[PDB]
Amino acid sequence: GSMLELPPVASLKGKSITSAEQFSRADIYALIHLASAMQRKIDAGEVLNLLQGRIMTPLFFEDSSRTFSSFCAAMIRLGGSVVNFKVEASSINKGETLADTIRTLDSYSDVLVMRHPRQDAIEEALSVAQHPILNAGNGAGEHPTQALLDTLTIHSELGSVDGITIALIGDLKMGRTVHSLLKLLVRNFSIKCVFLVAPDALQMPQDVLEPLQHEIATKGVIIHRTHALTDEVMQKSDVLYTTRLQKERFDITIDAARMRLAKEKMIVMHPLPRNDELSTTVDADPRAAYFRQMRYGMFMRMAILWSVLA
Amino acid sequence: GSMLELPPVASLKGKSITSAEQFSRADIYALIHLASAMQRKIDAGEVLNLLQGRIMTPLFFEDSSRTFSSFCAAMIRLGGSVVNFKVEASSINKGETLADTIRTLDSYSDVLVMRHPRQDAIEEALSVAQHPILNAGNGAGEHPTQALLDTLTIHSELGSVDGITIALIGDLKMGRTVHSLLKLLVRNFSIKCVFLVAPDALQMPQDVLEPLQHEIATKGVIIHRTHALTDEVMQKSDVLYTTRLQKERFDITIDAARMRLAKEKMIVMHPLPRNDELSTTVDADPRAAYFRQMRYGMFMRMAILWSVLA
Amino acid sequence: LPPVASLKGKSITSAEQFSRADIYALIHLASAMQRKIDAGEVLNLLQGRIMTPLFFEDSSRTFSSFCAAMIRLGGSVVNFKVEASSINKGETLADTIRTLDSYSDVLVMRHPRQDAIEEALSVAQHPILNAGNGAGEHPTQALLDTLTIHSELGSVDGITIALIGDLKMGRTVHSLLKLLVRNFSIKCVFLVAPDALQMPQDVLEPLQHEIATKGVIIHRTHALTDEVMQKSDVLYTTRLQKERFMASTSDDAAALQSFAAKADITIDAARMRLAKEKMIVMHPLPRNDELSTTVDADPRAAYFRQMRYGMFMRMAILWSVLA
Ligand SMILES: O=C(O)C[C@H](NC(=O)CP(=O)(O)O)C(=O)O
Ligand SMILES: O=C(O)C[C@H](NC(=O)CP(=O)(O)O)C(=O)O
Ligand SMILES: O=C(O)C[C@H](NC(=O)CP(=O)(O)O)C(=O)O
């Protein structure tokens with residue numbers, strides 16, 4: 001992969017990432033191609049030195065395994081460095097405010113990666129930070145880089161995004177992942193059909209669906225609400241994207257039996273982590289893409305960091 | 001051409017840093033000049049490779065945001081590395097002593113950065129370590145690199161340290177920052193006047209004032225106590241250095257209204273974190289330098305690290 | 001700095017997986033790495049490679065020396081912390097392994113459960129290095145301990161070694177006894193512990209063939225007798241593993257008390273007056289009161305230098321695994 005170019009995505013340069021609404025179809029494709037080239041070079045064992053002497057600081061005010069780790073790994077694999085700031089042993093225990101904490105890490109860093117239980121926390125950070133801030137999850141609001149890596153996953157597994165039927169399953173109300181993903185998909189691609197599969201209490205919120213109505217209508221995107229993985233859903237979906245019940249903010253299980261109803265050419269996705277909604281019996285199935293999904297996330301996050309800091 | 005552009009301060013080579021007392025006026029000017037050269041290169045986007053293959057290990061037995069992070073960032077910006085040792089998950093929980101803990105990190109590292117709630121813990125660490133130890137705060141004692149970066153901030157903001165009138169405000173008793181700062185300023189500069197602004201119970205300790213007796217007399221420094229931030233203090237001070245009540249170790253509030261009495265040209269400083277003593281209404285004021293102070297912190301710690309390890 | 005080829009791309013689980021030739025090639029590579037680092041040389045061997053530590057229980061030396069080792073090879077570290085991870089959202093151990101496996105070149109794993117490493121092995125593609133699995137094994141400890149003996153005394157064959165303290169729960173002495181006996185011609189091993197904390201059968205029995213055919217003497221005592229002090233070339237002593245005895249049961253109370261009450265195993269300056277001239281005192285660390293600070297000034301106290309040999313052995317290991 002040594003002869004592949006790594007052109008940064010210019011429209012991302014020096015900008016904070018807060019929403020899936022920020023990106024055009026052309027940004028996304030260009031991030032996909034960049035991530036793909038990142039993957040090729042890293043897998044061939046090539047050493048990248050694009051971000052030498054640039055610092056990423058993670059500001060994680062809630063738990064994370066994948067998002068924290070992929071961002072760190074992505075930064076390192078670009079030749080960058082990470083300052084390992086941790087909230088629990090910080091000067092917040094001395095009474096420091098969220099705003100002063102952002103200002104503090106912003107003094108040392110080239111980019112901040114921020115996750116916070118309050119939906120409004122990243123606007124607050126944005127209002128005081130000089131350097132780009134990447135939204136790693138703002139309460140039940142959004143998770144725009146998950147959306148990007150999820151789309152990368154779809155494109156690499158199935159070969160296209162236009163024309164798919166996708167089921168978003170589980171806690172759609174509190175799932176910031178499915179908020180960002182639906183936005184990113186409906187705004188930039190010709191989705192055929194979206195199954196919104198959730199108990200009534202946990203349906204996709206109105207504040208996500210409504211701003212999309214113009215695009216849903218002009219592109220003819222079919223939106224179908226269910227409360228179960230019916231036979232129809234199992235048989236038409238090219239992607240089953242399922243989610244964890246977001247317990248910390250307070251049928252639909254996929255197992256191998258349920259999987260014998262699925263199409264030959266489809267993928268099962270989950271942003272992770274999972275509880276019982278997604279059975280380990282599915283893990284050996286080639287259509288299980290939720291592990292590969294995590295590796296795609298590192299390479300997308302490399303495409304993003306390089307584009308922001310180039 | 002490092003030895004022209006970033007000459008290390010030779011006097012610091014291979015030595016621990018424990019007190020503001022160990023530095024001459026010439027050391028401080030050499031560090032300031034090296035620090036602002038660090039700043040010039042980093043701000044222009046130049047990558048430093050001075051300390052590749054060298055390791056800094058933080059040993060923080062109390063909370064920190066600024067001191068930990070700026071040391072980690074400074075190390076990284078010099079091309080060096082950090083081993084992220086955390087006290088809370090260490091073999092101290094198996095009953096290891098402080099001395100054994102120090103020998104352990106001393107075995108792997110080139111330099112240790114230590115913050116500890118006990119005043120004598122730095123001297124206990126020195127009696128066993130082979131490599132330099134940088135005192136990042138020892139109980140209510142001293143914070144010597146804070147005094148260095150505070151002095152860089154004064155010099156860079158105002159142009160001069162000789163001849164200033166400075167107010168040290170808040171919890172002067174337990175304020176390890178004002179202990180070191182007063183030492184550093186009075187031993188090496190001809191300060192016109194110091195205001196110590198605190199009720200008697202939180203006044204500057206006698207063990208700080210007494211040993212400065214010779215310098216106070218020889219340079220004719222004026223020193224007054226007040227119990228409040230009076231109009232006279234407001235109108236005469238070039239530097240308002242304010243501090244947090246160190247609650248964990250047991251009117252003077254600056255706000256926009258009080259700032260209406262300040263000189264047109266002066267700075268408000270605070271080593272941070274702040275509580276109610278320094279109102280956010282001050283933040284927009286050009287004289288508010290307590291955010292820029294954090295960034296000088298990084299560059300001073302670059303100058304220090306490079307000098308210790310060159 | 002030639003990598004030891006047998007280690008390439010392989011997980012490290014047990015002291016049993018190494019040959020004599022493996023051990024000497026690691027020793028020589030470790031000592032070659034020490035030469036260069038001490039001379040101030042910078043190594044770029046693993047630039048762009050990532051090590052992720054997965055520690056589910058406490059560590060100072062193993063965690064820090066793996067990180068430092070990785071760094072001094074030019075490699076990098078992703079500082080994954082269990083306490084603030086998605087484990088709190090209910091993620092299983094398996095799914096945790098697969099997660100960090102997606103980003104890393106090698107995982108260094110310590111877990112209070114003996115079978116956890118094997119479970120990690122069954123899901124991960126990249127090599128896993130056992131940094132301690134319960135009271136089970138600590139394979140890189142045994143390797144660095146052997147480097148220490150070799151560097152300090154000059155030779156491993158022919159030694160008399162006392163293994164002292166909590167031998168029941170001591171994963172270090174488990175790995176070390178296997179490594180030594182499988183691959184060296186040991187003259188004598190003193191198993192010095194109270195009965196309640198003696199070396200387990202599941203360690204000794206698989207070694208019995210080698211013990212017998214090599215004619216290795218095994219002597220059990222519950223004290224540091226004159227005989228042990230005068231004969232031993234190495235006194236390898238251990239901490240009582242209190243955390244393996246947190247049940248509040250009578251079985252646990254008896255085991256915990258026996259360390260001091262049913263044995264006489266403290267090493268202090270007075271005791272060291274009985275030791276030979278050419279020998280070393282070792283301890284994987286951390287220590288409590290079983291190894292007195294009055295021994296620290298003795299040239300025969302090797303337990304601090306042992307930590308430094310540890311960093312160099314771990315460099316030789318990481319480089320050999322990842323080359
Ligand atoms: O938490 C979830 O279930 C989904 C989603 N998960 C992630 O981003 C992965 P992690 O929490 O491991 O970073 C999130 O919004 O945090
Ligand atoms: O804590 C204070 O208020 C003053 C001073 N503050 C600092 O050093 C900044 P930090 O605690 O963020 O490193 C200290 O002595 O800790
Ligand atoms: O814990 C002991 O007493 C011996 C042994 N110690 C070590 O490995 C050193 P550590 O805990 O510092 O990494 C262990 O098995 O953890």
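Note on naming: letters A, B, ... go to the chains in the order of the sequence lines (proteins, then strands), and numbering restarts at 1 for each one. Determined via X-ray crystallography, 2.3 Å. Just so you know, these numbers use all the heavy atoms, side chains as well, and skip hydrogens, waters and symmetry mates. Atoms within each ligand, like the ligands themselves, are counted from 1 in listed order.
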Student: Help me out: which of AZD5438, 5-fluorocytosine, N-phosphonacetyl-L-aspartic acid goes with ligand 3?
Tutor: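 The right pick is N-phosphonacetyl-L-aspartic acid.
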Student: Of all chains in the model, which has more heavy-atom pairs under 4.5 Å to N-phosphonacetyl-L-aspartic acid (ligand 3) than the rest, named as the PDB entry has it?
Tutor: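 Main partner, per contacts: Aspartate carbamoyltransferase.
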Student: Heavy atoms under 4.0 Å from N-phosphonacetyl-L-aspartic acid (ligand 3): which other chains do they belong to?
Tutor: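 The other chains with a heavy atom that near are B, C.
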Student: Extract every residue of other chains having a heavy atom under 4.0 Å from N-phosphonacetyl-L-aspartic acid (ligand 3).
Tutor: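 On a heavy-atom basis, the binding site is B:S91, B:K94, C:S59, C:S60, C:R61, C:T62, C:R110, C:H138, C:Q141, C:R171, C:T172, C:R239, C:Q241, C:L285.
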Student: In the protein, what heavy atom is nearest to atom 10 (P) of N-phosphonacetyl-L-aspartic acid (ligand 3), and what distance, to one decimal place, separates them?
Tutor: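 The protein heavy atom lying closest is C:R110 NH1, 3.4 Å.
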Student: Return the closest protein heavy atom for atom 16 (O) of N-phosphonacetyl-L-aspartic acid (ligand 3) as residue, atom name and distance.
Tutor: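 It is B:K94 NZ, 2.7 Å.
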Student: Show the atoms of N-phosphonacetyl-L-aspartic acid (ligand 3) that are less than 4.0 angstrom away from any heavy atom in C:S59.
Tutor: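 Selected atoms, number and element: 10 (P), 11 (O), 13 (O).
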Student: Could you tell me, atom by atom, which parts of N-phosphonacetyl-L-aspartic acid (ligand 3) come under 4.0 Å of a heavy atom of B:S91?
Tutor: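 Heavy-atom distances to B:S91 below 4.0 Å select 10 (P), 11 (O), 12 (O).
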Student: Measure the distance from atom 15 (O) of N-phosphonacetyl-L-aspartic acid (ligand 3) to every protein heavy atom, then report the residue, atom name and distance (to 0.1 Å) of the closest one.
Tutor: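 Nearest protein contact, heavy atoms only, for atom 15 (O) of N-phosphonacetyl-L-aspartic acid (ligand 3) is C:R171 NE, 2.7 Å.
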Student: Counting from 1, what N-phosphonacetyl-L-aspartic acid (ligand 3) atoms have a heavy atom of C:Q241 closer than 4.0 Å?
Tutor: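 Taking each heavy atom of C:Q241 in turn, N-phosphonacetyl-L-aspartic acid (ligand 3) has 1 (O), 2 (C), 3 (O) under 4.0 Å.
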Student: Considering heavy atoms of the protein only, find what lies nearest to atom 2 (C) of N-phosphonacetyl-L-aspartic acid (ligand 3) and give residue, atom and distance to 0.1 Å.
Tutor: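 The answer is C:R239 NH2, 3.2 Å.
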Student: Looking only at protein heavy atoms, which one is nearest to atom 4 (C) of N-phosphonacetyl-L-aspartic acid (ligand 3), and what is the separation?
Tutor: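 I find the closest protein heavy atom is C:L285 O, 3.4 Å.
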Student: Hey, is N-phosphonacetyl-L-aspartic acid (ligand 3) close enough to C:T172 that some N/O pair sits below 3.5 Å?
Tutor: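 For N-phosphonacetyl-L-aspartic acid (ligand 3), there is no N or O atom that lies under 3.5 Å from one belonging to C:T172.
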Student: Would you mind listing which atoms of N-phosphonacetyl-L-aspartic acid (ligand 3) come within a distance below 4.0 Å of any non-hydrogen atom of C:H138?
Tutor: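 Result: 8 (O), 15 (O).
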Student: Mind listing the N or O contacts between N-phosphonacetyl-L-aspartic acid (ligand 3) and protein, cut-off under 3.5 Å?
Tutor:
| from | atom 1 | to | atom 2 | distance (Å) |
| --- | --- | --- | --- | --- |
| N-phosphonacetyl-L-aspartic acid (ligand 3) | 1 (O) | B:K94 | NZ | 2.7 |
| N-phosphonacetyl-L-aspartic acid (ligand 3) | 1 (O) | C:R239 | NH2 | 2.7 |
| N-phosphonacetyl-L-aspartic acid (ligand 3) | 3 (O) | C:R239 | NE | 2.8 |
| N-phosphonacetyl-L-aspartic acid (ligand 3) | 3 (O) | C:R239 | NH2 | 3.1 |
| N-phosphonacetyl-L-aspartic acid (ligand 3) | 3 (O) | C:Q241 | NE2 | 2.9 |
| N-phosphonacetyl-L-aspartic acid (ligand 3) | 6 (N) | C:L285 | O | 2.7 |
| N-phosphonacetyl-L-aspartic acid (ligand 3) | 8 (O) | C:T62 | OG1 | 3.1 |
| N-phosphonacetyl-L-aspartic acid (ligand 3) | 8 (O) | C:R110 | NH2 | 3.0 |
| N-phosphonacetyl-L-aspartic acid (ligand 3) | 8 (O) | C:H138 | NE2 | 3.0 |
| N-phosphonacetyl-L-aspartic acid (ligand 3) | 11 (O) | B:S91 | OG | 2.8 |
| N-phosphonacetyl-L-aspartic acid (ligand 3) | 11 (O) | B:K94 | NZ | 2.8 |
| N-phosphonacetyl-L-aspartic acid (ligand 3) | 11 (O) | C:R110 | NH1 | 2.9 |
| N-phosphonacetyl-L-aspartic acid (ligand 3) | 12 (O) | B:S91 | OG | 3.1 |
| N-phosphonacetyl-L-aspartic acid (ligand 3) | 12 (O) | C:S60 | N | 3.1 |
| N-phosphonacetyl-L-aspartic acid (ligand 3) | 12 (O) | C:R61 | N | 2.9 |
| N-phosphonacetyl-L-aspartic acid (ligand 3) | 12 (O) | C:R61 | NE | 2.9 |
| N-phosphonacetyl-L-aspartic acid (ligand 3) | 12 (O) | C:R61 | NH2 | 3.2 |
| N-phosphonacetyl-L-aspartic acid (ligand 3) | 13 (O) | C:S59 | OG | 2.7 |
| N-phosphonacetyl-L-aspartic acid (ligand 3) | 13 (O) | C:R61 | N | 3.4 |
| N-phosphonacetyl-L-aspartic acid (ligand 3) | 13 (O) | C:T62 | N | 2.8 |
| N-phosphonacetyl-L-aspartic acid (ligand 3) | 13 (O) | C:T62 | OG1 | 2.8 |
| N-phosphonacetyl-L-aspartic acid (ligand 3) | 13 (O) | C:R110 | NH1 | 3.2 |
| N-phosphonacetyl-L-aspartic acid (ligand 3) | 15 (O) | C:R171 | NE | 2.7 |
| N-phosphonacetyl-L-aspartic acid (ligand 3) | 16 (O) | B:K94 | NZ | 2.7 |
| N-phosphonacetyl-L-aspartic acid (ligand 3) | 16 (O) | C:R110 | NH1 | 3.3 |
| N-phosphonacetyl-L-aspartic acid (ligand 3) | 16 (O) | C:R171 | NH2 | 3.2 |

